[PDB]
Visitor: 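The structure that follows is given in the form of structure tokens.
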Amino acid sequence: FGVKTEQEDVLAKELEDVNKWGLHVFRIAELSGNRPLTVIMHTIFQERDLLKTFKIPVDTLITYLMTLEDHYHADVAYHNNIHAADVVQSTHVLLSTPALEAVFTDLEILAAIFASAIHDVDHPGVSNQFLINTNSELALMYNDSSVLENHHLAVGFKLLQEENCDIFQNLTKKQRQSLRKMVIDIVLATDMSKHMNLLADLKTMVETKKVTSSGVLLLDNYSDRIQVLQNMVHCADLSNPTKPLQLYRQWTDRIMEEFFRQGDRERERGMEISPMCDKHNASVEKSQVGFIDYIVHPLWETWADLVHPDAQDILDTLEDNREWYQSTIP
Ligand SMILES: COc1ccc([C@@H]2CNC(=O)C2)cc1OC1CCCC1
Ligand SMILES: [Mg+2]
Ligand SMILES: [Zn+2]
């Protein structure tokens, strides 16, 4: 035909919000036939001219993206392809913040976006500790240390070896070694066990923050550049409470479903039920308020400082949503 179907047109129209915080990611998931990660990644790669810059064949990119997306679990309520697509898209927006204009190279941009896409791939919907406590083969392989995060990376990279999936086939060895290091550094930093140190270092950078004559941040060395990228993607991963409440609440429903399911498995097995995984002793609203007060607000406040005043609306929304959950505590 050569013209879009009406569903494809409606999808294209939704994708016009790809550069906006609060993209209707769940509608995109539905409209795309459960291919939000593929369609959002493809849109972002085109928008950023990544295919031309890195000589990525388009069929190779689509094959890889579908393969990656296929290895997110459809039965996992939160850590699935919709979450991945959300984190990609959120990272995409954070990358284009005025305070960061012309700071990152195309390869660093590629790293952050690719890292976002793969960062939860093959997540079983249970915690590292559950995998450790059950003596899972995964935990055995990874010595109980960032078990899932190591796995997400290993899977993300391994899938490049499937038929016509090597999207990095035209990168030089130098580009590939650099890209790989950055991707690993970013995804391993998504382990919540690393949050406090990641935030401490972000704070230290905001303390010593330097800005150019152009007004954007100055990042001289790899340590500062990767730290900002790690924190950016970590912010994207922890961005749900900063979204419009209609979106945020769907994420809360999902994380609670995933948590309660793990709790049910723990109970079944006679294991102690992990924090916030007990459907019979839950405080969904109190827990979101605590999540925000102790983890998300501290991070986003510091990010908002780093990129002042770019993230002011995101922070305002976070505080509005915090107050809404607070107001709903029974
Ligand atoms: C929308 O809420 C939440 C969204 C995301 C996360 C985790 C952050 N990183 C992950 O991999 C999942 C926790 C949430 O809420 C917590 C408080 C109550 C249950 C867990
Ligand atoms: Mg994760
Ligand atoms: Zn995630």
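Position 1 is the first residue of the sequence, and the numbers go up from there. Every number for a ligand or one of its atoms is a count from 1 in the order of the listing. Determined via X-ray crystallography, 2.0 Å.
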Visitor: Tell me the drug found at ligand 1.
Guide: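 It's recorded as rolipram.
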Visitor: In this entry, what is the main binding partner of rolipram, named as in UniProt?
Guide: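 The chain with most contacts is 3',5'-cyclic-AMP phosphodiesterase 4D.
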Visitor: What would you say the binding site of rolipram is, if we count heavy atoms under 4.0 Å?
Guide: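 Counting heavy atoms, it is made of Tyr78, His79, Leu238, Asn240, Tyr248, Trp251, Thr252, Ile255, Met256, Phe259, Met276, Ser287, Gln288, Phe291.
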Visitor: At a 4.0 Å threshold, what atoms of rolipram neighbour a non-hydrogen atom of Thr252?
Guide: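 Listed by number with element, the hits are 1 (C).
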Visitor: Could you tell which UniProt active-site residue in chain A is nearest to rolipram and give the heavy-atom distance to 1 Å?
Guide: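 Nearest UniProt active-site residue to rolipram, heavy atoms: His79, 3 Å.
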Visitor: Most contacts to rolipram come from which UniProt domain of chain A?
Guide: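 Chiefly UniProt domain PDEase.
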Visitor: Look at atom 20 (C) of rolipram and say which protein heavy atom is nearest, naming residue and atom and giving the distance to 0.1 Å.
Guide: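 Result for atom 20 (C) of rolipram: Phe259 CE2, 3.3 Å.
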Visitor: If we only count N/O pairs under 3.5 Å, is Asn240 in contact with rolipram?
Guide: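 Among all N and O atoms of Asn240, none is under 3.5 Å from an N or O of rolipram.
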Visitor: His79 versus rolipram: do any nitrogen or oxygen atoms come within less than 3.5 Å of each other?
Guide: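 Yes, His79 has an N/O under 3.5 Å of an N/O on rolipram.
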Visitor: Which residues of the UniProt Zn(2+)-binding set in chain A does rolipram share, counting a residue if one of its heavy atoms lies under 4.0 Å from it?
Guide: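 In chain A, UniProt binders with a non-hydrogen atom that close: none.
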Visitor: Number the atoms of rolipram from 1 as they appear, then name those within less than 4.0 Å of a heavy atom of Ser287, with their elements.
Guide: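 Answer for rolipram: 17 (C), 18 (C).
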Visitor: Which rolipram atoms, with their elements, are less than 4.0 angstrom from a heavy-atom of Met256?
Guide: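 The list of qualifying atoms is 18 (C), 19 (C).
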Visitor: Right, does atom 5 (C) of rolipram have protein non-hydrogen atoms nearer than 4.0 Å?
Guide: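 Within 4.0 Å: yes, protein heavy atom nearby.
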Visitor: Which protein heavy atom lies closest to atom 14 (C) of rolipram, and at what distance to 0.1 Å?
Guide: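 The closest one turns out to be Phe291 CE2, 3.5 Å.
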Visitor: Checking heavy atoms only, which UniProt-annotated AMP-binding residues of chain A fall inside 4.0 Å of rolipram?
Guide: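 Going by heavy atoms, UniProt's AMP binders that qualify: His79, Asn240, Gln288, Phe291.
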Visitor: Taking only heavy atoms of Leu238 into account, list the atoms of rolipram that are under 4.0 Å away from them.
Guide: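 So the answer, numbered in order with elements, is 8 (C), 9 (N).
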Visitor: Just need the protein heavy atom nearest to atom 17 (C) of rolipram, so name the residue and atom and give the distance.
Guide: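 In this structure, atom 17 (C) of rolipram has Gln288 NE2, 3.6 Å as its nearest protein heavy atom.
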